[PDB]
> 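Model shown: Peptidoglycan D,D-transpeptidase FtsI + meropenem (bound form).
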Amino acid sequence: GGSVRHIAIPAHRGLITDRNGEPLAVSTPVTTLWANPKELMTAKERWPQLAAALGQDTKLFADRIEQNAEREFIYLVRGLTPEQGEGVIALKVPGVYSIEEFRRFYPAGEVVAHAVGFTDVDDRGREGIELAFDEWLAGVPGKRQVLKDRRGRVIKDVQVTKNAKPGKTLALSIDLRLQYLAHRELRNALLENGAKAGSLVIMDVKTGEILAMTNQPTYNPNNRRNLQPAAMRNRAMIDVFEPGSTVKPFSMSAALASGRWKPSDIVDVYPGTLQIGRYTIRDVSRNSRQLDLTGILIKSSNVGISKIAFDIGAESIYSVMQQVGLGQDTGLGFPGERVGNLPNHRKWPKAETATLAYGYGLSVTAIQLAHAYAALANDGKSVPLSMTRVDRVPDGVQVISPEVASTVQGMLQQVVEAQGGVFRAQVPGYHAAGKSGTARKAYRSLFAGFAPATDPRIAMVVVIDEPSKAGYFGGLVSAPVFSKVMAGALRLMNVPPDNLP
Ligand SMILES: *C(=O)[C@@H]([C@@H]1NC(C(=O)O)=C(S[C@@H]2CN[C@H](C(=O)N(C)C)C2)[C@@H]1C)[C@@H](C)O
């Protein structure tokens, strides 16, 4: 008949929305039932009714109460709806009490599971945005005092010590409309190509906002029963790979800025191979002799870009790749985030100079590759990444000069539109620019690009992990995904068509 115990006042966790206010993580009022076993010991004849209302075995529930007969607090069931909780409270079983707290609900479910993340049973962020912005969303729990007897029965409220401070609303950079589009089209591409995993990243090249980030396979954060680590893998930020041919536009940017190269220059790639010591550079397509700079990207001649790299030096190429964020920390503060590796040399040997130029030796993520193409599309200005809505666009860094960036934009537009190019990446009504490639671990189908080519707004990267249907080539598997998703992204954002007659 006299013992004051402190009780936590759970705080209302902050709402998570997309960039337009569409709900993504909502704190839902729930009812948690707990029991005082000392009072349950006085009403044993009520146990089978209480056990059935809780969905528990009659004898197993009796064992649990008997084993905790000296305790004053045990959980019965957490996170019931207010209807279910009041149904058990209506039994008037001595020693059964209720707690009003909150539990997260995710309206979009698996569509944005990896980005939003999830909380645990204690309403604590444990993955994705929920963890990365946990202190912002969690608030501060309150403190209250309650009087319990020496047999554990609640008597009265003493006083409230500290009031609970609710969490703060957080608006993400994701556009839920684009997220739905990217989710389904990436899912359709895996089925059509017989692929098991993949990622797709959409970025606003002016603001650095991540407009969409989907990974396959995915999971429903509202369930998470029998969940495999394969589905919980945020591949766009975690899976590192050699970007290969997709970084040749950045080797070309260093060449165009050195003063020694122009798009009309010719490189002899015959016979499709090149001997560097014991190492032998080899192109996939070996049916070319002379190619201009655009033809080097269209044919993806590793020999052609290696000879250019030897002429300008690997340092100029490393500098461009470093400043656009390849192999660098993103600063997003996401859990499990992997940085990759951009190797550096005091004296770049001839072998490492070539492999750097056509994308071997270094490892990046799909987020880093999208960020790098965002800077190229943004007239050479790199804007830091953001998973939250950007109202005030930060002052970027001019990595590539606007003239050179504009020249590479046109070259990548020809990669998509010229004869023998990646025509499955064309967006109807628009001019699209990009570059296909393949990453190795068995392949990874890559396509990175942006649109409109003449005035870029949206950068996109499509990763398809091991197509089993036919052809692991990026121009065949990933480019059709780019076309469909970019078309919907341009329309939803009211980007005016630049390729109409
Ligand atoms: C770069 O990642 C590799 C090259 N990427 C490109 C590419 O995917 O377009 C070539 S593929 C080669 C050139 N074009 C042919 C094609 O696309 N079809 C016949 C459909 C095949 C290489 C794979 C580079 C590192 O080898």
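Sequence positions, counted from 1, serve as the residue numbers for this chain. Each ligand, and each atom within it, is numbered from 1 in the order the structure gives. Header says: X-ray crystallography, 2.1 Å.
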> What are the neighbouring residues of meropenem (bound form) within 4.0 Å, counting only heavy atoms?
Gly244, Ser245, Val284, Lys299, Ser300, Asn302, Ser436, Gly437, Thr438, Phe473, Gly474, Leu476
> Using UniProt's active-site annotation for chain A, which residue is nearest to meropenem (bound form) and at what heavy-atom distance (1 Å precision)?
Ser245, 1 Å
> Among all protein non-hydrogen atoms, which one is nearest to atom 19 (C) of meropenem (bound form), and what is the separation to 0.1 Å?
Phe473 CE1, 4.4 Å
> Starting from atom 10 (C) of meropenem (bound form), which protein heavy atom do you reach first, and at what distance in Å?
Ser300 CB, 3.7 Å
> Taking N or O atoms only and a 3.5 Å limit, does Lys299 qualify as a polar contact for meropenem (bound form)?
no
> Considering heavy atoms of the protein only, find what lies nearest to atom 2 (O) of meropenem (bound form) and give residue, atom and distance to 0.1 Å.
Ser245 OG, 2.3 Å
> Name the closest protein heavy atom to atom 22 (C) of meropenem (bound form), giving the residue it belongs to and the distance to 0.1 Å.
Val284 CG2, 3.7 Å
> Identify the covalent link of meropenem (bound form) to a chain by residue and atom.
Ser245 OG
> Which residue and non-hydrogen atom of the protein lie closest to atom 7 (C) of meropenem (bound form), and at what distance in Å?
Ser436 OG, 3.4 Å
> Does an N or O anywhere in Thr438 fall below 3.5 Å from an N or O of meropenem (bound form)?
yes
